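Chain identifiers are assigned alphabetically (A, B, ...) following the order of the sequence lines, protein sequences preceding nucleic acid strands; residue numbering begins at 1 within each chain. For ligands, and for the atoms within them, numbers begin at 1 and follow the listed sequence.
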There are 4 protein chains.
Amino acid sequence: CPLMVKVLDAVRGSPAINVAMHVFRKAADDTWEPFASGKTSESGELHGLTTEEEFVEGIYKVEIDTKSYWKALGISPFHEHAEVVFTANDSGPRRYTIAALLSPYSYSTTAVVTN
Amino acid sequence: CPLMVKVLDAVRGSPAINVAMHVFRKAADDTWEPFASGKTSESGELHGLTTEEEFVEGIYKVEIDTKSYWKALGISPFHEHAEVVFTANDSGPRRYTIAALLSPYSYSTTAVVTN
Amino acid sequence: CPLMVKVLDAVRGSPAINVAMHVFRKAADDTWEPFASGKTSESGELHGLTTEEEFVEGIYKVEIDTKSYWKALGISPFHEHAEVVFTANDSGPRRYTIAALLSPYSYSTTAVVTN
Amino acid sequence: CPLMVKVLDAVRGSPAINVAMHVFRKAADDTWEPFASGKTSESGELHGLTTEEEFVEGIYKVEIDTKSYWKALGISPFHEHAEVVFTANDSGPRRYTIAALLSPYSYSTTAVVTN
Ligand SMILES: CSc1nc2cc(Cl)c(Oc3cccc(Cl)c3Cl)cc2[nH]1
Ligand SMILES: CSc1nc2cc(Cl)c(Oc3cccc(Cl)c3Cl)cc2[nH]1
């Protein structure tokens with residue numbers, strides 16, 4: 001699994017469950033083409049977005065739909081979504097974990113890159 | 001000053017100086033049109049982006065060029081840029097402060113909305 | 001002002017007001033002796049904790065009563081308090097700003113050390 | 001496993017490996033008694049600190065030795081250590097995961113509490 005996302009909720013002290021996210025890849029004409037999408041499980045994890053063959057070099061954007069997550073819980077948050085934009089596989093294949101911690105007016109994201 | 005941005009460097013424990021950013025407003029056709037831009041000062045702050053008359057309700061995107069910042073320090077970063085995407089909503093007098101804390105593989109952002 | 005603390009609320013997107021904290025200095029027998037204390041202002045800031053003459057090199061602990069803050073908002077928090085423990089070291093003129101961003105089950109803290 | 005700790009490094013984009021930590025529990029005389037200790041594995045995780053029987057109600061402090069971690073990597077950080085202080089098992093047994101993200105001048109911690 002070369003691209004996985006883990007999301008935690010800092011208000012409830014729990015995984016962030018049912019968070020939708022869309023992944024895009026920058027096309028040669030510099031537009032964002034849809035690449036993969038999914039939602040976090042009961043563990044706050046989203047696996048199986050892509051494969052080693054399909055996950056070629058490029059610039060990728062992970063849009064985490066944090067607004068829909070908070071609204072579904074009856075909370076009005078600040079951000080529309082959280083964005084994680086990065087060049088992937090520039091030096092050969094890597095495995096990426098994107099971790100996110102969500103509050104209504106704040107979020108943090110970090111990346112774990114392994115070879 | 002209805003919109004200010006402050007950027008901090010978590011590696012050096014200092015304001016992030018000379019960090020360029022652009023602010024976009026979402027248009028009716030869902031494109032991002034330029035709205036304002038600048039570079040952070042020696043205090044890591046960027047003031048004077050817009051005025052109350054101009055800063056109407058809408059969806060705004062702040063795109064922070066974190067990659068050039070790390071590159072100029074000789075450090076290889078993960079992210080192409082940091083994005084902060086939010087709705088401005090009229091609810092009493094509201095000043096927006098967007099803060100971003102930068103590390104090579106991570107960033108945190110929070111909003112302080114005051115009266 | 002060689003030592004200032006700023007506290008933000010990530011649930012409400014606001015300064016954390018009336019947050020009490022104590023600062024301790026480590027003594028030669030490894031106990032923590034009281035050094036300074038106060039409560040954050042309406043801007044979430046606590047100034048005037050110490051002076052340059054008094055703020056000598058040493059290990060300092062800032063103990064922030066985050067639990068009382070959340071309790072007064074009707075929210076059950078995880079942490080008993082937030083601690084920031086650091087060494088003050090003379091390297092040019094150095095002002096210390098300690099920032100803490102509070103959520104019920106999380107906190108982030110950073111230091112900005114300027115000249 | 002009722003108490004586990006996961007630590008990530010925001011500078012290297014990796015688990016934080018070989019981070020030492022000491023856990024203390026507040027005794028009836030209000031002193032901190034040593035409870036458990038360990039170091040994070042290659043995955044940045046520390047398991048096996050305690051057992052369900054031994055992990056009774058109380059106030060616990062997890063001291064994460066972030067200074068030794070950064071120094072061992074030749075970096076001079078701000079904090080002496082990161083502290084996580086919390087009441088555990090007040091409403092019956094729970095499982096706690098403490099997650100931490102480390103930068104030289106900043107850290108974030110969050111808690112995941114499951115039943
Ligand atoms: C893939 S299993 C897993 N490892 C984790 C490591 C950490 Cl640090 C974590 O918390 C965070 C995740 C993102 C930003 C911050 Cl600021 C924090 Cl604190 C959750 C984690 N979940
Ligand atoms: C209301 S104006 C304001 N000044 C600030 C100074 C600091 Cl250092 C601050 O910290 C942070 C900024 C971003 C992420 C994190 Cl994780 C933290 Cl901790 C927030 C601030 N907001």
Worksheet item: Which drug is recorded at ligand 1?
Response: triclabendazole
Worksheet item: Of all chains in the model, which has more heavy-atom pairs under 4.5 Å to triclabendazole (ligand 1) than the rest, named as UniProt has it?
Response: Transthyretin
Worksheet item: Other chains with a heavy atom closer than 4.0 Å to triclabendazole (ligand 1): which ones?
Response: A, D
Worksheet item: Is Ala100(D) touching triclabendazole (ligand 1) with its side chain, its backbone, both, or neither, if touching means heavy atoms under 4.0 Å apart?
Response: backbone
Worksheet item: Which L-thyroxine-binding residues that UniProt annotates in chain D are found with a heavy atom under 4.0 Å from triclabendazole (ligand 1)?
Response: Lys6(D), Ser108(D)
Discussion item. Heavy atoms only: which of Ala111(D), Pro15(A), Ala99(D) lies closest to atom 7 (C) of triclabendazole (ligand 1)?
Written reply: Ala99(D)
Worksheet item: Which other ligands or ions, listed by number and name, are under 4.0 Å from triclabendazole (ligand 1)?
Response: none
Worksheet entry | Shortest protein heavy-atom distance from atom 15 (C) of triclabendazole (ligand 1), along with the residue and atom involved | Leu101(A) CB, 3.9 Å
Worksheet item: Considering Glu45(A), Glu45(D), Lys6(D), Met4(A), which one's heavy-atom position lies nearest to atom 4 (N) of triclabendazole (ligand 1)?
Response: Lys6(D)
Fill in: Close-contact set for triclabendazole (ligand 1) against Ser108(A) heavy atoms, below 4.0 Å
14 (C), 16 (Cl)
Discussion item. Within triclabendazole (ligand 1), which atoms have a heavy atom of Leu8(D) less than 4.0 Å away?
Written reply: 6 (C), 7 (C), 8 (Cl)
Worksheet item: How is the binding site of triclabendazole (ligand 1) composed, by chain and residue number, at heavy atoms under 4.0 Å?
Response: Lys6(A), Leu8(A), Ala99(A), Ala100(A), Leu101(A), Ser108(A), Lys6(D), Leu8(D), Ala99(D), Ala100(D), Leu101(D), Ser108(D), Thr110(D)
